[PDB]
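Summary heading: complex between TAS-120 (bound form) and Fibroblast growth factor receptor 2.
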Amino acid sequence: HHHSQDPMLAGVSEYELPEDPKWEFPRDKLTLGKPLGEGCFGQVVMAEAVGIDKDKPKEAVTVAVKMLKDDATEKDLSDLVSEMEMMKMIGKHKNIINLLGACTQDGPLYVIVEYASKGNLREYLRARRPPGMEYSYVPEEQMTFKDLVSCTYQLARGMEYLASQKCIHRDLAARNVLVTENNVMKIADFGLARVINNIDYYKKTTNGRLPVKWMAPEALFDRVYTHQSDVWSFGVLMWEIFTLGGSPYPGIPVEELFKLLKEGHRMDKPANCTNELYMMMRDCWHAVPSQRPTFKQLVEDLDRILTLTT
Ligand SMILES: *CCC(=O)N1CC[C@H](n2nc(C#Cc3cc(OC)cc(OC)c3)c3c(N)ncnc32)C1
């Protein structure tokens, strides 16, 4: 209840955006809270939004608010506005992080999206590992095989939707998946139409990730990003899930990786994986993009296995 809720006027604010009343959320009903992790494009913070849910208009809801740093550039603003406008176009699905609203007027740009209490899939899985795997300080919340299949099936449904809405993710991985209070799998950073300079697929990111380990060959060499290149990434995502937060091509330097994939070597079958499920992973990792399965096929396959295990 500080000066984040206090309106900004004409003659102080640095930029003016256009308002869409359908999407606009009033600043005085938004209460900014604890910041959610460092890194990625801009800042994300927890907040309480009163009446953001039209199914409970008098009830305050916990939301995540994406915003710009105080040293952000004209392009950083443009890139955030484009991400917002693309999420409006792509529309809503259960298994993606959804645009709830925006504060575009009377101060800095806030983009309000669904809050996921259980955090990202990697940290969610690692925490819910059984005894016998690397863990550090709930037994009821421990994962079963059915839960790993269910989790995979949900993310396939999500990607089927994004793909049907002409959306190419380009960075599908466990770190860009979030898990809600009711264990719903939601895909994140899917709106990013961002162009990047200063590329380095050898140097590790802030939290030690090498995003090249999720990239399809044609995405690396030719910078060709399609729905089929997303399917390769979904393959590596499947590995992450069935290793319960396993780091792909573990201990393999980036140089060796390119040579390894060229020679036709892929990652080994995880312990918790079935032969049927591993053949799905290996189908995703076909060198030829057109020989990979579509997300429509992955959903139908995973729906079949999920009804069987149950
Ligand atoms: C950006 C820093 C980061 O990666 N975090 C991971 C965990 C934590 N965290 N981030 C989000 C988010 C988000 C988000 C924002 C936008 O802005 C338009 C779009 C989007 O999908 C397209 C996703 C978190 C949420 N929602 N809940 C909990 N932790 C979150 C920081």
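Here chain A follows the PDB entry, giving residues 452-588, 593-765 in order. In each ligand, atom 1 is the first atom listed, and ligand 1 is the first ligand listed. The analysis underlying the following values was restricted to heavy atoms, covering all of them including side chains, and did not include hydrogens, waters or symmetry mates.
Under the PDB entry, the species noted for chain A is Homo sapiens. Most residues contacting TAS-120 (bound form) in chain A map to the UniProt domain Protein kinase. Of all ATP-binding residues UniProt records in chain A, the ones placing a non-hydrogen atom under 4.0 Å from TAS-120 (bound form) are as follows: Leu487, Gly490, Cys491, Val495, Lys517, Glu565, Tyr566, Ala567. With respect to covalent bonding, the partner of TAS-120 (bound form) is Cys491 SG. For TAS-120 (bound form), the residues with any heavy atom closer than 4.0 Å are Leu487, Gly490, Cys491, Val495, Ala515, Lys517, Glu534, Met538, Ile548, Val562, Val564, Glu565, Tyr566, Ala567, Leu633, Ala643, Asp644, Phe645.
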